[PDB]
Amino acid sequence: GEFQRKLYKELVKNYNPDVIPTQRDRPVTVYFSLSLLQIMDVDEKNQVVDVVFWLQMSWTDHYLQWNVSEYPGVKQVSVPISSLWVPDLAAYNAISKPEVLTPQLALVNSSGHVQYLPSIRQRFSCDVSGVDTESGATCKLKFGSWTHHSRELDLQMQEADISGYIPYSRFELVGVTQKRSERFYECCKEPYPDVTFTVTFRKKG
Amino acid sequence: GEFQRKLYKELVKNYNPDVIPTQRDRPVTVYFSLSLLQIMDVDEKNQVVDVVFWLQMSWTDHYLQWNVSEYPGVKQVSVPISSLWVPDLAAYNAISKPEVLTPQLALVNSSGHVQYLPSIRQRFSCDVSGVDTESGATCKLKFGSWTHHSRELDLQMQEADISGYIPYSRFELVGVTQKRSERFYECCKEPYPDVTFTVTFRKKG
Amino acid sequence: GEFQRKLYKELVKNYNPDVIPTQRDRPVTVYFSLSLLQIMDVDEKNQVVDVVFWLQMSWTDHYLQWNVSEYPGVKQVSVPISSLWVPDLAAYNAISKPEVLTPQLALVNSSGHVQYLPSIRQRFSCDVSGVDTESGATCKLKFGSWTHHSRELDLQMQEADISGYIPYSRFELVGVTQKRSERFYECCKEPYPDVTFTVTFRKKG
Amino acid sequence: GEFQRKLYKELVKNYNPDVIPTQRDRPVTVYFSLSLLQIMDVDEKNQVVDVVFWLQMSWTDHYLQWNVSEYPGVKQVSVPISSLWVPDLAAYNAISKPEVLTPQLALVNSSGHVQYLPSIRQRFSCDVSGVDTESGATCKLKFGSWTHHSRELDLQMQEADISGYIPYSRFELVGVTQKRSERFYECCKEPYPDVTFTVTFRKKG
Amino acid sequence: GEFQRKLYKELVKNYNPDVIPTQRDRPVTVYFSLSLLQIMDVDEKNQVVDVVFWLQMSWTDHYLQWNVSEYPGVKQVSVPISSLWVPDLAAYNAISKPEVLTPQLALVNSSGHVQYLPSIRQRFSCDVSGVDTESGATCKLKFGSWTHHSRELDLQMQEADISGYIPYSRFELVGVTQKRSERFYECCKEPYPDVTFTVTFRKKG
Ligand SMILES: *[C@@H]1O[C@H](CO)[C@@H](O[C@@H]2O[C@H](CO)[C@@H](O[C@H]3O[C@H](CO)[C@@H](O)[C@H](O[C@@H]4O[C@H](CO)[C@@H](O)[C@H](O)[C@@H]4O)[C@@H]3O)[C@H](O)[C@H]2NC(C)=O)[C@H](O)[C@H]1NC(C)=O
Ligand SMILES: *[C@@H]1O[C@H](CO)[C@@H](O[C@@H]2O[C@H](CO)[C@@H](O)[C@H](O)[C@H]2NC(C)=O)[C@H](O)[C@H]1NC(C)=O
Ligand SMILES: *[C@@H]1O[C@H](CO)[C@@H](O[C@@H]2O[C@H](CO)[C@@H](O)[C@H](O)[C@H]2NC(C)=O)[C@H](O)[C@H]1NC(C)=O
Ligand SMILES: *[C@@H]1O[C@H](CO)[C@@H](O[C@@H]2O[C@H](CO)[C@@H](O)[C@H](O)[C@H]2NC(C)=O)[C@H](O)[C@H]1NC(C)=O
Ligand SMILES: *[C@@H]1O[C@H](CO)[C@@H](O[C@H]2O[C@H](CO)[C@@H](O)[C@H](O)[C@H]2NC(C)=O)[C@H](O)[C@H]1NC(C)=O
Ligand SMILES: CN1[C@@H](CC(=O)c2ccccc2)CCC[C@H]1C[C@H](O)c1ccccc1
Ligand SMILES: CN1[C@@H](CC(=O)c2ccccc2)CCC[C@H]1C[C@H](O)c1ccccc1
Ligand SMILES: CN1[C@@H](CC(=O)c2ccccc2)CCC[C@H]1C[C@H](O)c1ccccc1
Ligand SMILES: CN1[C@@H](CC(=O)c2ccccc2)CCC[C@H]1C[C@H](O)c1ccccc1
Ligand SMILES: CN1[C@@H](CC(=O)c2ccccc2)CCC[C@H]1C[C@H](O)c1ccccc1
Ligand SMILES: Cc1cccc(NC(=O)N2CCCC2)c1
């Protein structure tokens, strides 16, 4: 009943959504996956692919946990993302702002596990010259934290999902591979991880 | 009137718009209706339909009720939605953010029944290839709660309504059907209800 | 000025811009009129009219009144509309959000009379098929409150004027009318008024 | 700096950016000019001209004054326009919202003099029929206060400039004149001044 | 973590994001670099270039420093830019607002050194008529403080890296240069410094 009201109150107490919830030396592990829903368009002149996808981002926030016996019935809560820390993931080769298609809410259970599952439309730089060939065009969707390094934010992949690709598109989805990389940059002391989704596709016919 | 001014004070006191107003072992029943108003356009290359529709959502928020004898004359109030909990219904196959055309206000009576009735323009993914044939094209417009499952938010369909369809469109509205599904996901033990409106349309002539 | 600064400080006390300023039984009377400045475009395929127009809206807000001899020289003040109650008028057949072209300020005098005079661009659903005939096409621009009925918000017209219509347009005005009606809807026990501006126009040539 | 910081806390005190800083029998004088940077497009069908320009606006706000002696080093401060009163200048014949291209900051010196110099892109209603003729097309960009009459806000022209018109435009800028006018209305005892910029241009050929 | 949360509380105190962090007579030195990623389009009719680029900006804010011994583990934090001072760099000849592609977060180390690295899409006025020639077209990208002169904000370049220019563009990069300038405007006594990036490029094939 009102326990949920009571819980939101305590959870917001002394919480800062700008601050990554690392706990003494241990990085926040962030599990990450992309599912391709639709390739909306290609621009062969300007080298751009327009896509709709669903992101899966999940991690543990130790500040957002609670004893279930103090709030009977409350096993999970639905929370607007502006009120909690969320990973600052960025598409490295995007040429447009992401358009979030779904309500900006995350699910949080009693042990502090968070799930933010946004569906998103965004345009990306890509060489789409081969879209008209048997081998198709290959586009890399590269994602990573904009400002958090490996030892703060440990980005890891879950298995991706093409089962949600719409069948009636004018683009045939040949394949989708994903890989986690990590590199030191000529800029910073700590290394940064990234996850890249490579999608190959062609125009039917 | 003073009584409204006083009533607004009390309704915001101890009120959290992020908390679904469930009440002990009972979900919030959300009644849901869609009236198709106009099919704005069809993108036959990218498989997209652009529609304008009127949504009708209503539910009882038990934290928003008041004794009429205490606030005499005040039988209902008009409140901005940003100050109210609202169902987090997502348009599952939307490829654009919804453009809300009407004022973002809801009606609330003294037993906490809320009505929110936005008019919306939105683009959806759809196989429109059959639009210039007699059988026409069929688009599904699928909605459901993004983060609340069946035991928290009970989505209930109301009557199919095509009376608002403008008569001078270049698209003949053949039929609109609806179905309420309660589907499980490979993730959660609890199902998530969704309401699907199926509209069949074809180019006049 | 000092007196204007002192007046704001008084007027803002307890002011709630979400609460309609009715006074026991008495509705708030709202005067409304529209002047067409320009027909920007007609979309013959999708049945849409793009127009620029000037609304005149005025009403009395009784919490916004003051003794002029307590604030000598202060006869009217300029107030951002975000700070005051404004009628929740909607364009019933708009297919886009209204784009406001002018500063969002209302004039308020010492007897509580408020004037808000925005210039607005907005697109409407309209059968424009006969735009190239001598009879021309007719568009109805219908306006009314979205959540207030007759006994709370009494919409009235002030008379029209077409003298602001730009004369170098490619469209010629053939007829203009604006009437106030009062109709019932399936929802409510109470009637809701509206003002409708009916413009007939055609391509010159 | 340390004193700049302290000057802000003082200036914010009792300051109301909604109240025009008039005195008894002393309008706020607003100096105003326009520099045309480029004519982006002309729309001969819909009668629209698209322009990028630089406005200069300066006025004195006696509530922003300070003693340099009390704040040594601080001759001027850089302030967000949202923090202070600014003239509600409207473009009378604009068919679009002004796109502000520059940081929304004003310069304020110790005597209270505020300078605001935004770069703007905006579209205006205009008869561009003559754009291909030798006579050229003539457009009038008319600006004035939306809600303040002469006795509150005294609009004045400053000597304009076209040294900043880009020389590789496809449009040849022929001539630009300016004039301050003061006109009455049937509504108001007091007149409302405006500054109008007349520009004559033609396609280069 | 808990140290970091404590750290945020402290930096936020008395901190005014509107006040440039000058220290007695010392300007804030701001290092500035542009990395061209993609030329998206050219408009040979409207003389416009559309570009995606990566800006590197860095400066020290002495109000943002702490002792790592007081806050063990915390070497650097990531902070929303809206919550701290940032240079008011303007794109002088831009004809559109900047679309910021990346999270609006800056990095700050314990000595108060701030790094802000937004990726940005923006359109610029430019004579692109050389694009189809051996010499190609030359476009200038002129940036500088809008409201701070040389003695307040000291704009310095860093090397303009073009290792990020995508290879599959239809435009070939011929050369990029960078120059600092100081200009005196008929207004003030101090100079305003601008950094200009000059890019030469031509259509491939
Ligand atoms: C605020 O708005 C809400 C939503 O419209 C109002 O809610 C409705 O109240 C109805 C009347 O109280 C209520 O009706 C029924 O409850 C049962 C149906 O599930 C049914 O048993 C009742 O029948 C009653 O039985 C007799 C015998 O026939 C009837 O003749 C009497 O009318 C009895 O009331 C009612 O039909 C309905 O369920 C409810 N709707 C929702 C969605 O909750 C609410 O009253 C408004 N508040 C106020 C104070 O006006
Ligand atoms: C809260 O959510 C987490 C994350 O889903 C739940 O954890 C998983 O449970 C499965 C099934 O036993 C385990 O195999 C995994 O090891 C868990 N994942 C992680 C990341 O820890 C967890 O069960 C939930 N906690 C509560 C209190 O119910
Ligand atoms: C603040 O700025 C105003 C505007 O520039 C200054 O007023 C000018 O002063 C100069 C001489 O210093 C005169 O020649 C101009 O006629 C003035 N202009 C206007 C519009 O009045 C003013 O001096 C500045 N204040 C301080 C403290 O220097
Ligand atoms: C905070 O960041 C700045 C910027 O990287 C660091 O400053 C530099 O130190 C290196 C060598 O130690 C020099 O090559 C740079 O020229 C320095 N930048 C200058 C001159 O400001 C600074 O050391 C960092 N602080 C901490 C605590 O690590
Ligand atoms: C404030 O403005 C209102 C409207 O102009 C003034 O109005 C009322 O009186 C006028 C004639 O005396 C009428 O022309 C108005 O239509 C009428 N309006 C209403 C709704 O009552 C009013 O006098 C002004 N108040 C003061 C003190 O000047
Ligand atoms: C942002 N950058 C690292 C930070 C950094 O380089 C940097 C840090 C500090 C100073 C100078 C540069 C952090 C991890 C992401 C990486 C991204 C890549 O650079 C990049 C830049 C522009 C477009 C696409 C990709
Ligand atoms: C978001 N998802 C359910 C939650 C969930 O799946 C989920 C929860 C937790 C972990 C992993 C997945 C809640 C109800 C909606 C459903 C939506 C569907 O996925 C989906 C995603 C993208 C496009 C179309 C459909
Ligand atoms: C919004 N509606 C009335 C309110 C109401 O219906 C309503 C009220 C309470 C409960 C359920 C519905 C108020 C007056 C306007 C009317 C609008 C028209 O239907 C309409 C709907 C959709 C597009 C165009 C026009
Ligand atoms: C806003 N109006 C004056 C006020 C006023 O008229 C008015 C005031 C009160 C009642 C009725 C009308 C103030 C000075 C500007 C002027 C603008 C012009 O109307 C106008 C309207 C629409 C498009 C272009 C121009
Ligand atoms: C704004 N201006 C300087 C100040 C100033 O000129 C000025 C100040 C006060 C009064 C009159 C003029 C400050 C530094 C930037 C410079 C910009 C340039 O004008 C400009 C304006 C519009 C487009 C391109 C360039
Ligand atoms: C003198 C003056 C200038 C500008 C505004 C006002 N009043 C207000 O902004 N209010 C907000 C709510 C009621 C009053 C006064």
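The sequence lines fix the lettering, A, B, ..., with proteins before strands; numbering per chain opens at 1. Atoms within each ligand, like the ligands themselves, are counted from 1 in listed order. Only heavy atoms go into these numbers, but all of them, side chains included; no hydrogens, no water, no symmetry mates.
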Under the nomenclature of the PDB entry, which macromolecule has the greatest contact count with ligand 7?
acetylcholine-binding protein, neuronal acetylcholine receptor subunit alpha-7
What drug or investigational compound is present at ligand 7?
lobeline
What are the letters of the other chains having a heavy atom under 4.0 Å from lobeline (ligand 7)?
A, B
Protein residue, atom and distance nearest to atom 15 (C) of lobeline (ligand 7), heavy-atom basis
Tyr92(B) OH, 3.2 Å
Would you say atom 2 (N) of lobeline (ligand 7) makes contact with the protein, given that contact here means a non-hydrogen protein atom less than 4.0 Å away?
no
So which heavy atom in the protein is nearest atom 20 (C) of lobeline (ligand 7), and how far is it from that ligand atom?
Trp146(B) CH2, 4.1 Å
Starting from atom 7 (C) of lobeline (ligand 7), locate the nearest protein heavy atom and write down its residue, its atom name and how far away it is, to 0.1 Å.
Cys187(B) SG, 3.5 Å
How far is atom 16 (C) of lobeline (ligand 7) from the closest protein heavy atom, and which atom is that?
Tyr185(B) CZ, 3.7 Å
For atom 23 (C) of lobeline (ligand 7), what is the closest protein heavy atom, and at what distance to 0.1 Å?
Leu37(A) CD1, 3.8 Å
Under a 4.0 angstrom heavy-atom cut-off, which atoms of lobeline (ligand 7) come close to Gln115(A)?
9 (C), 10 (C)
Atom 22 (C) of lobeline (ligand 7): nearest protein contact (heavy atom, Å)
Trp54(A) CG, 3.5 Å
Does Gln56(A) have a non-hydrogen atom less than 4.0 Å from lobeline (ligand 7)?
yes
Give the contacting part of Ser119(A) toward lobeline (ligand 7): side chain, backbone, both or neither, where contact means a heavy-atom distance below 4.0 Å.
neither
Of all the atoms in lobeline (ligand 7), which lie at a distance below 4.0 Å from a heavy atom belonging to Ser145(B)?
14 (C)
Which residues lie close to lobeline (ligand 7), i.e. with a heavy atom under 4.0 Å?
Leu37(A), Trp54(A), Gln56(A), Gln115(A), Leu117(A), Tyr92(B), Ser145(B), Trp146(B), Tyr185(B), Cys187(B), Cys188(B), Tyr192(B)
